[PDB]
Amino acid sequence: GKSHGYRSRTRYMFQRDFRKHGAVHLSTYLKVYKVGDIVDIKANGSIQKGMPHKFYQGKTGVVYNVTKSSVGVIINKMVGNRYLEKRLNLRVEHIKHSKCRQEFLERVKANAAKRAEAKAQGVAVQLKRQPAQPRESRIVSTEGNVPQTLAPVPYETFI
Amino acid sequence: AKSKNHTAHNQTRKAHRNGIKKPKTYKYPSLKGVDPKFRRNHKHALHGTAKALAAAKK
Amino acid sequence: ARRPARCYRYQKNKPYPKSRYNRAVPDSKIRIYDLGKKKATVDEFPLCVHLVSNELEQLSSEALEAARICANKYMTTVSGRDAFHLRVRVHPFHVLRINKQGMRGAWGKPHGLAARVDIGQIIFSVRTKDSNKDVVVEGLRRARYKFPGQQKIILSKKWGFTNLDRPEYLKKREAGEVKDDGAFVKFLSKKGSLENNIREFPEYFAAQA
Amino acid sequence: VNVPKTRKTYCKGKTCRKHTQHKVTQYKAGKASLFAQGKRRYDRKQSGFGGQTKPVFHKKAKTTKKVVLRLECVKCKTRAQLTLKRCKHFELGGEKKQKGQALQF
Amino acid sequence: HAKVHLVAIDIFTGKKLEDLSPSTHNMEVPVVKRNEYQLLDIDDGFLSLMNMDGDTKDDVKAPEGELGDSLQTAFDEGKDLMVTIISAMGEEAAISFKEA
RNA sequence: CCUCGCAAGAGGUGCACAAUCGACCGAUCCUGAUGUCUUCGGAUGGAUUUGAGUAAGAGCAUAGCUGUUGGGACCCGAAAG
RNA sequence: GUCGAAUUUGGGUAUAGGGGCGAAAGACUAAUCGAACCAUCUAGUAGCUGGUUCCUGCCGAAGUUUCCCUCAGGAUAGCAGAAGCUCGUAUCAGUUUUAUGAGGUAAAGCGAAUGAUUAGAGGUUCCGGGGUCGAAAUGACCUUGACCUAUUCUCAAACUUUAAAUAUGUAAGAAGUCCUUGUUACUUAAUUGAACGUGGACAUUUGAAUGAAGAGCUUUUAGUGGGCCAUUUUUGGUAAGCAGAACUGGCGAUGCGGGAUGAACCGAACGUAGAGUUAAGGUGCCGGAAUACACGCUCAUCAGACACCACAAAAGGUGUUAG
RNA sequence: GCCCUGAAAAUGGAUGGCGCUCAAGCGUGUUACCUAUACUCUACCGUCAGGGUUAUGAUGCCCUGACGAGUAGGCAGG
RNA sequence: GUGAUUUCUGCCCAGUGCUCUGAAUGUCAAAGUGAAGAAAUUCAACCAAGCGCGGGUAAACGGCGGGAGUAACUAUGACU
RNA sequence: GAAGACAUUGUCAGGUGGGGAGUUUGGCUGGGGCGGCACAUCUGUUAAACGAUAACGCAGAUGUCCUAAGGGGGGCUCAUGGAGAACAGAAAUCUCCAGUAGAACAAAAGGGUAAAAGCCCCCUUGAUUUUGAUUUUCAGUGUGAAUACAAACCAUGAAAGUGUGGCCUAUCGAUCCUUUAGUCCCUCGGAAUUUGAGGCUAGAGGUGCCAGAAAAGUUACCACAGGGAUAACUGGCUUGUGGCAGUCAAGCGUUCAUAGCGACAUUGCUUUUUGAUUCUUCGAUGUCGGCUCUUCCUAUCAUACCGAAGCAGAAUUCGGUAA
RNA sequence: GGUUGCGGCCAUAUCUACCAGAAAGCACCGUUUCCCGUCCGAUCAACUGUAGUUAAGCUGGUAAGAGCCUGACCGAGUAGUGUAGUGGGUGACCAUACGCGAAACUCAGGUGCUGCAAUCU
Ligand SMILES: C[NH+](C)c1cc(NC(=O)CNC(C)(C)C)c(O)c2c1C[C@H]1C[C@H]3[C@H]([NH+](C)C)C(O)=C(C(N)=O)C(=O)[C@@]3(O)C(O)=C1C2=O
Ligand SMILES: C[NH+](C)c1cc(NC(=O)CNC(C)(C)C)c(O)c2c1C[C@H]1C[C@H]3[C@H]([NH+](C)C)C(O)=C(C(N)=O)C(=O)[C@@]3(O)C(O)=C1C2=O
Ligand SMILES: C[NH+](C)c1cc(NC(=O)CNC(C)(C)C)c(O)c2c1C[C@H]1C[C@H]3[C@H]([NH+](C)C)C(O)=C(C(N)=O)C(=O)[C@@]3(O)C(O)=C1C2=O
Ligand SMILES: C[NH+](C)c1cc(NC(=O)CNC(C)(C)C)c(O)c2c1C[C@H]1C[C@H]3[C@H]([NH+](C)C)C(O)=C(C(N)=O)C(=O)[C@@]3(O)C(O)=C1C2=O
Ligand SMILES: [Mg+2]
Ligand SMILES: [Mg+2]
Ligand SMILES: [Zn+2]
């Protein structure tokens, strides 16, 4: 009566995108993963071998093993009162890189640069990010912009 | 004698009463499941590196 | 038999239509959806009158048919048969279920059909000439007597059934970009091919009156 | 299901650790000899008064048995067992099917 | 609860056999196979039979009833037939003749 | 803990313990040297294998709380054999 | 009812417990009989019922997962207490931001696919069906279907191009980055790469916010494993103080002020006193607090009076008020 | 909008009751006032944490701060 | 077993029982017999009653259905 | 006098043997029973856009099949439609054009696939050996299924590569006992050799109640421990059904909607029926009807006083105040 | 700037109809001896670059083109949705407060960009 298979409730999850069926592309085949990289798991439905479980769809982990056609990803999952580490063997079509990780690398390069100049001219660095400070004092010109008065509209039915 | 079948009430409260804190990562994680080819090479490379450092230290 | 619309009134279940998973359902009581001179033109019938809902509910298919008859009978008896076009704008697609020991195996057989109506959804639409406002309003008053809930008779200021309120429809027609189809019209857009736009609308692409 | 009488598969023998030719037979169970320790224990336990002492199986539910093939290598005469799934019908070396032959009702 | 009383006829001998069981218990059901063969000639009690292409089936005893006697009369005046044979739990028997 | 420094720190040694890679012992699967009574012996070397192991011992005895099991087993209670 | 026999009755005698005896009722067998009474095994067993003895202090639940001839019970994980131990050295969060993912629910769509579906318009010199024109027509004039083209009305838990909000994954360096060069049986055409390294550089912002009434770990063991209610989402049902789920909070286990009264609603959680101020609710009297102030509506020959909540609808009214 | 008709249940009967009609009803607004074991301040009791202290108690004496509900249950002191 | 007297007790031996001078071992234990072996043992035949095959018995237990066509009103069906 | 090495008797073996003895006679469940399997599994939905998630919710399916329908490689494009070609027509075969998949991929549903995963052809046996790691259900146990490697040996292909059965999600099984395969292995404990037996490593024989007892009923003669976790009264919530009353008004009523009715609808009330539920009660509320007796309601049968009529009178019908 | 070979993103590139292409390249093209392959030198294999052609392929342009892509203060702060109230309403449901925020529609623009190597009036 009740079923929990490997791909139960995975209809729209393992569907392809619209006008995106067919062969998967050689950029996703030629990207390189080295041990320590951080990758995002989103399953591709065309390649049935090496597919992850539905729990790991859209999930981020650290690659620990790189082999012939797959990579091994460590994912923390929440069961009970503890997180468990899971070691998945997923193929490179289901594995993609993490744009948060590349932007973090560009930010550490920019920070290293900024500290390098700030040390060269002897000025304090101001390196860490600050959140959105509220606002500052401002002047607005009425010249060419006289405030137009708005009033609430009456009720007219359109149907 | 019908009864209640399944309920997820209070489960999140018990879990967060003793929370989920962390998997407690370390430096040098375990090499369980890495490729045996290049695991053997890792063994020999570390042996050679230790011997080279000891020989340079004298 | 014949349970009340008060026990089938509110929208409580998901829409349950006739599909490959739900067969052997009975056919609805309403079969005809357009009455009056249904071949007339929007140039013939300018004024629109709408009977619209104000509650989220379920109208019975047979309530639709009963109100359709009483309306059409009153309009035909008073103003003749060719003075109006009545179109019912809701279709009964929700299959309503009846149970008929205990609550074991309580999923029921199909009983009837119903149309789910939303707040601000038109139930009845009548297009007619300007002189027949009183008879159209009275006929839809009989229709709202026979439907459940609270409904509103609104004077729709669109030329006929279509769109494009009366000054706008005038400007389009004496501009000439409106072509008379059977019981509706076709419009000229500035996005089609020039060749078929010429051979479909010569009056706009001529110097005619 | 149809399986051929011959099969080139791996041989465990120390003189031939490569793929060698094997003849394919079926494992028929042994004679169930009388002097096995469990049989002697059963005879002593059933002897006397008390009736039947160990359970006897009644609620058979499965019809099929897994077929297991006995492979004998043609060079070293060593044997192996390969398990094939539940099949109702089984033919060692039946006629090969024909792709597109004239059907004959 | 309800219990089932079954009255059945053994087909190979034609003998009445009865049974009584609780309606929730399991019962063995024989996997009978009915096959439609061609009769070549009625030899010394052991009818010769033909498959779709093959021709082994030479073991079925010619049916001793009046059905088999009328079958013998048919084959004796020729009028070639196809006969229907049942196979079940190791035993096979000709049950019904049919003119082709 | 030690050395320098009034310091903030810089270095050295780092018990217990934690993580990890090794090394050794038994089992398993191989590898099969000198000899050989010609079928024994098992050297040397391994291995995504495995153990309740080693890696400068911690145990023994008594007593106590609590928990377990068997005993009537916290007390009372059957229809029965 | 029967009353001279298949009668009644005394004494003696015989039959003894899975046995006797029975003109049969499972009757009778010492007030005991569908298996007597006594003693022993025996304090038989019980997942079931009842009881379970002094005080105070501190901490404090669960009715959920999996398996079991399992559903009135156990085992196991969880929740709790205690004993602590290693550090109190850069470690975390029922939280937000910044960056980056994932999803196909609400909505929306059908002149976009699938399925449903109302109505006309035009066309097919290709007869699908019924005709007519000279019984003729492998001919015209047609009706009528069908099909196509462009429109049109309405939908879809097991339809979808698009696609939210709320929840959800990861990261925010010192276990990091950069530069030369050491090992390897891995890898490469290769002094190329991969992994781990040596050495050197990286301070009044070691690289978002806010908090930390400490962080981490281990052992042991109890009770529990009948739950119930409320807001929102939702399934079956006509509906239910009905049955079953999801998130959260409560009651159980919880008094106190208010809802007259109430396990759950509102407020607020509790050592013992004093003073002050409030919450929710109130201020004619019962009853502590304005028969306060202000602007209007309503007269009921069934007025109305405060959430949960302890009921009222369709339809009407030259009652009155406003538009 | 309010009110009226629709509007019928069985002991006597319930805006809580009395009662209320420019209300003590309804809608909205401005203040004043009432009081909870809640909050603030103080005292005292206990527990926890951090500390200070080399003639009659050093598991003692003292200082500082926080906290205190509770069934099944666990532990401690009597 | 039925239950005075009077009258009668119909049909069915497939099932289940019961029974027999029915038939051949089809199956058939222990002991006994033969072959192989170094023996433990293994495999054969022979194999009693019984079971199976056959017959009888219902004042043994018991059972005793349908469906069509068919007669000058129609309707039913003596009949098939 | 009769029988006579027969029979009796003693011990084994087969049959028969409810006469007798033990024991059993699943679970879930809107009470239990019958039914069904929601008991081991798989797909879509419920499921509320991570995961998880219930009901005897909905729509279905499994206990098979295949030496090819497994593996590799190559050539081609599939449903469908149009135009044509003797017999030949709607449809037999052949072409051409269009043809994003509307076909097929063993089976249920979903997903996936176009110089293929489809259809034909060639070669094959990766449906192989040794154990490990990981994912799913999960206690992070087992079973099943699957994933990625390693050391071999192979298949295919020119090669890159691919292949550890079925394109993916299902197609299945512990201890004990029996049997088979492996080395030429260990033991039979006074010492040897052969058969025999017991071991180690991997399979099979099967437990569908699918973490796996060997198992028919009846009890109204019944018994015990319990249970309001659970049924048969009453009460309670609900009102489908029963009953009663409205709103609208096609029509009947000679014409005339509304004197009287009133179809198609639709809005309510009652607990005077039967359901639905299982909140109270199983250490007991005496469970139908009748007799007797009191009170209450009004949804008025009669009586009092009135209104309407298709009310001339008489009789009658509808309604009001009224219990 | 073309063209070829190999490609990346995979319609801004596709589809329909019509025009243009000087050079080189590509293509169509000619033959069956060999290797090879078919029912068939049509595909495939081989040989020549000669006998010819830009007719097609290909490339580019045009179309108030279909489609696709981008944007908008167009629709629309709308539908929807978190959180709150002793808010409203008999209910269905709705409004407000603090936040987030679509899709269709309308309109405007666009119709492949690019990497390596070789060759070209
Ligand atoms: C600021 N100090 C008090 C400090 C604090 C923490 N931890 C915290 O930040 C506080 N922890 C919270 C955040 C509250 C959980 C700290 O964690 C530390 C330290 C000190 C450093 C000192 C380091 C130092 N050198 C490298 C600059 C040094 O001299 C040594 C050494 N060579 O022995 C250290 O011990 C030092 O490396 C060290 O360990 C420190 C900390 O870890
Ligand atoms: C991020 N900050 C809080 C930090 C973190 C860690 N550790 C980590 O990154 C986290 N630990 C992991 C590796 C994840 C396990 C850290 O380990 C440190 C520090 C702080 C530094 C500051 C150092 C500093 N430098 C410039 C010399 C400095 O001025 C001194 C000094 N000489 O006084 C330090 O104390 C400093 O050396 C120091 O101790 C730091 C850390 O060690
Ligand atoms: C049961 N035995 C004791 C027996 C008894 C009788 N007659 C009696 O009733 C004895 N009465 C007497 C002593 C004559 C006064 C008998 O009459 C018989 C039999 C045996 C049968 C056996 C039959 C058997 N099969 C066919 C079952 C069989 O194999 C044989 C044979 N060929 O050896 C027979 O003898 C048999 O067929 C048979 O005839 C028997 C008797 O006649
Ligand atoms: C009718 N009688 C004459 C008989 C005949 C035969 N033989 C046949 O039927 C042979 N005829 C064939 C052809 C087989 C059909 C019989 O075979 C038999 C019997 C009867 C019994 C005799 C039995 C007797 N007992 C009762 C004391 C006897 O002497 C012995 C014995 N001690 O050997 C029996 O066993 C006996 O029971 C027996 O076996 C008979 C028959 O079978
Ligand atoms: Mg430190
Ligand atoms: Mg440091
Ligand atoms: Zn071999």
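Just so we're on the same page: letters track the sequence lines, and every chain starts at 1. Per deposition record, electron microscopy, 3.2 Å. Side chains are part of it too, since the values below use all heavy atoms of this structure and drop only hydrogens, waters and symmetry mates. Note that ligands are numbered from 1 as they come in the structure, with each ligand's atoms numbered from 1 the same way. Contacts are counted only within the shown part of the entry, which is not the complete deposit.
This structure shows the largest set of contacts to ligand 2 coming from the chain the PDB entry labels 23S rRNA.
Notes: drug at ligand 2 recorded as tigecycline. By chain letter, the other chains having a heavy atom closer than 4.0 Å to tigecycline (ligand 2) are F, G. Among the ligands and ions shown, the ones besides tigecycline (ligand 2) lying under 4.0 Å from that drug are ligand 1 (tigecycline), ligand 6 (magnesium ion).
For RNA chain G, the PDB entry reports the organism Saccharomyces cerevisiae. Using a 4.0 Å heavy-atom cut-off, the binding site of tigecycline (ligand 2) is formed by F/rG9, G/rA90, G/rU91, G/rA174, G/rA175, G/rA203, G/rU206, G/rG207.
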